[PDB]
Amino acid sequence: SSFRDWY
Amino acid sequence: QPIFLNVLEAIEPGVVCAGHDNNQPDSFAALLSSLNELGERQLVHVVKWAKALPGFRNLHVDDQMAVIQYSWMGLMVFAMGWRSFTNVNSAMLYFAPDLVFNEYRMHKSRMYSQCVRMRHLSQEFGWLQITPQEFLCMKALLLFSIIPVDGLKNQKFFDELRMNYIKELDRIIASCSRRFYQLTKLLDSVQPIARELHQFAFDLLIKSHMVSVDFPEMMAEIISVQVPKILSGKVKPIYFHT
Ligand SMILES: CC(C)(O)C(=O)Nc1ccc([N+](=O)[O-])c(C(F)(F)F)c1
């Protein structure tokens, strides 16, 4: 994800 | 009293604006492009909020990420409703200072039903005389109220973490007994509304290139990847009563 990335 | 209560307070986010042009009239497109943006900003905030939750770094990273994406709408709804209770005594919908809904914005945004529902919730804060500390501890638990039927990566930790969150809510309460059934009743009622909103955003997303509404980076992804899971029964909420 692009979620996994900024988290 | 405890350490716990200091934390929820301390970590509780601040005012978050939507940057809406309160001057031009109320198009659907204008309205919903700002809610999507409001969603986007508050999400960031739920993330930095949640990372600082007590016990939160006990879960597998993927569990953390999951638990957040699944429950964000549910949380959003809750604090929104506190906000609308506390500022405007539940007379209107307080999404943000610059984005307060009135019946007109309610009907023009096309969420009248769901909006009616969330105004009912806001009222319930008042009807049930909800203390600020009851609000915070209730909010904390809502993050732990929604999982895949399949189950999380480290399910034991979750069960544990949650149990202690229910405990703290009971602690901040303790014929008092009926307060719990009420508060659990109240949390339970958050889940239907979050589903209705899931559906509309979902619908909305799909029709969005063809109605001219702006879906931010993080918006488009969460809605199309994780929301469908919920709506297909793969991911259920934990209910207190049946
Ligand atoms: C995805 C959709 C349009 O963005 C949405 O429901 N946005 C949204 C934004 C902010 C807030 N808020 O807490 O003020 C809420 C809601 F939680 F109230 F419903 C929804």
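Chain letters: A, B, ..., in sequence-line order. So for chain A, numbering is the PDB entry's, and the shown residues are 1-7, in order. We're sticking with the PDB entry numbering for chain B, so the shown stretch reads 670-843, 851-918, in order. Counting convention: from 1, in listed order, for ligands and their atoms alike. Because only heavy atoms are used, hydrogens play no part in the values below, and waters and symmetry mates are left out as well, while side chains stay in.
In this structure, the drug found at ligand 1 is hydroxyflutamide. In the deposited model, most contacts to hydroxyflutamide involve the chain that UniProt calls Androgen receptor.
Chains with a heavy atom under 4.0 Å from hydroxyflutamide: B. The source field of the entry for chain B reads Homo sapiens.
Hydroxyflutamide is contacted mostly by residues of chain B from UniProt domain NR LBD.
By chain and number, the binding site of hydroxyflutamide at a non-hydrogen cut-off of 4.0 Å is B:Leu704, B:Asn705, B:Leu707, B:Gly708, B:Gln711, B:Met742, B:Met745, B:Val746, B:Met749, B:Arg752, B:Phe764, B:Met787, B:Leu873, B:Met895.
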